[PDB]
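See structure below.
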Amino acid sequence: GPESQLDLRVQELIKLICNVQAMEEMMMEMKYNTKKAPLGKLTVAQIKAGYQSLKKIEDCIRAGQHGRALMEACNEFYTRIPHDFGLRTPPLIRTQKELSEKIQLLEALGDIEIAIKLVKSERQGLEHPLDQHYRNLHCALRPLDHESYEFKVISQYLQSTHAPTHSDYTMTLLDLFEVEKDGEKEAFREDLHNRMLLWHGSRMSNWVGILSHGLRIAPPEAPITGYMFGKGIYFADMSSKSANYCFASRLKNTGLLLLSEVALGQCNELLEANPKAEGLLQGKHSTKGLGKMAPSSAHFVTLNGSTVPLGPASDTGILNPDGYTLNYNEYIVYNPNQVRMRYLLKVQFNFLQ
Ligand SMILES: CNCc1ccc(-c2[nH]c3cc(F)cc4c3c2CCNC4=O)cc1
């Protein structure tokens, strides 16, 4: 047929992120019943109806209801968002934690609905299908040389900010791409101080949606208690805190990890979870969940106007007297115009045992 005009490394990335069969397998792993509700029949309306049912579940949880009312709320959720629990009676979502853990399923379904729409796109024999998928992302992806300065600095950031408690794996950088998503530069809050190059990880199934639509905030219908610091976009300064969100496995041990310039401006610093954090900003530009360990000023470098908080991380002196303390920082912005995606890392996860 027509030959691909793409760099082979980009060809490889497209193949990885547009593989729908991998998306089915991953959703099967999350217990979504792809036989009852095939992924090619996912709609936005189904997913929003999903979020609405989770809101009804949140209502029950807030009321302390563990009986028929919660049974029916969960039944409604599981009808709209079919699960496979074997020969068990479907388990109730009884606590805020269980509820919060279910949001990721709806988020993956959202990004898969996007991915399937894109791969099923009309298509013209004029261009190789990889090239057609790439074009449809409206996101430039430029592979960098392993000998480049970029590759050296990012490799150093990846390694030096692998957190000591994320000891289950190491990471190897296999490939690196500069990212330029159409529209992101033009929207970006260049005016804001505290511009940092921060990590964001996600499941393999999500990247067509992320690269084509940008990082997005939860919809209005979603239950607020599902988000530790509210409906924003979350980032780490420690590579492995974000890489944990790739949910790589021993069998699927290749993931993608994103670095983005994040216009934090003035952070509202919090020790503890507060799903209503956004209403606390009062003029501030972002939320910072304070961790016990973080990169220090001493080791920082800049790349294209952004601070790269290279490690090693050291103790921040932070300790919550009145409860739980985050091990590592988290940063949350509540507008996509505080984000510019810059690098996409292809990372191999080297698991223990
Ligand atoms: C569990 N309720 C929904 C939810 C799911 C995931 C996250 C979350 N928190 C993070 C902190 C952080 F430093 C980095 C990341 C995240 C995420 C998911 C997005 N990816 C991150 O790397 C936030 C809320």
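Throughout, chain A uses the PDB entry numbering, with the displayed residues spanning 229-581 in order. Ligands are counted one by one from 1 in listed order, and the atoms in each one are counted from 1 as well. Values below: all heavy atoms of this structure, side chains included; hydrogens, waters and symmetry mates excluded.
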query: Choosing between retigabine, rucaparib, bezafibrate, dinoprost, tioconazole, which one is at ligand 1?
result: rucaparib
query: For rucaparib, which chain wins on contact count (greatest number of heavy-atom pairs under 4.5 Å), named per the PDB entry?
result: Poly [ADP-ribose] polymerase 2
Other-chain residues near rucaparib (heavy atom, 4.0 Å): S328, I331, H428, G429, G454, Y462, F463, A464, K469, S470, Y473, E558
- prompt: Can you list the atoms of rucaparib that are under 4.0 Å from a heavy atom of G454?
  reply: 1 (C), 2 (N), 3 (C)
message: Quick check: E329 and rucaparib, any N/O pair under 3.5 Å apart?
response: no
query: What's the shortest distance from atom 14 (C) of rucaparib to any protein heavy atom, and which residue and atom give it?
result: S470 OG, 3.6 Å
message: Working on this structure - any idea which UniProt domain of chain A most of the contacts with rucaparib come from?
response: PARP catalytic
- request: Pick out, from the UniProt NAD(+)-binding residues of chain A, those with a heavy atom under 4.0 Å from rucaparib.
  value: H428, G429, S470
Heavy atom of the protein closest to atom 11 (C) of rucaparib (residue, atom name, distance): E558 CG, 3.3 Å
message: Can you name the atoms of rucaparib, numbered from 1 with element, that are less than 4.0 Å from a heavy atom of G429?
response: 19 (C), 20 (N), 21 (C), 22 (O)
- prompt: Which UniProt active-site residue of chain A has the minimal heavy-atom contact distance to rucaparib, and what is that distance to one Å?
  reply: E558, 3 Å
- request: Could you tell me the residue and atom name of the protein heavy atom closest to atom 19 (C) of rucaparib, and the distance to it rounded to 0.1 Å?
  value: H428 CE1, 3.3 Å
message: When you compare rucaparib with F463, is there at least one nitrogen or oxygen pair between them that comes in under 3.5 angstrom?
response: no
query: Considering all protein heavy atoms, does one lie under 4.0 Å from atom 16 (C) of rucaparib?
result: yes
- prompt: What protein heavy atom sits nearest atom 9 (N) of rucaparib, and how far away is it?
  reply: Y462 CD2, 3.4 Å
- prompt: Which organism does the PDB entry give as the source of chain A?
  reply: Homo sapiens
task: Check rucaparib against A464 and write out every atom of the ligand that is under 4.0 Å from a heavy-atom position of the residue.
output: 13 (F), 14 (C)
query: In terms of residue, atom name and distance, what is the protein heavy atom nearest to atom 6 (C) of rucaparib?
result: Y473 CE2, 3.8 Å
- prompt: Within the structure, does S328 bring an N/O atom to less than 3.5 angstrom of an N/O atom in rucaparib?
  reply: yes
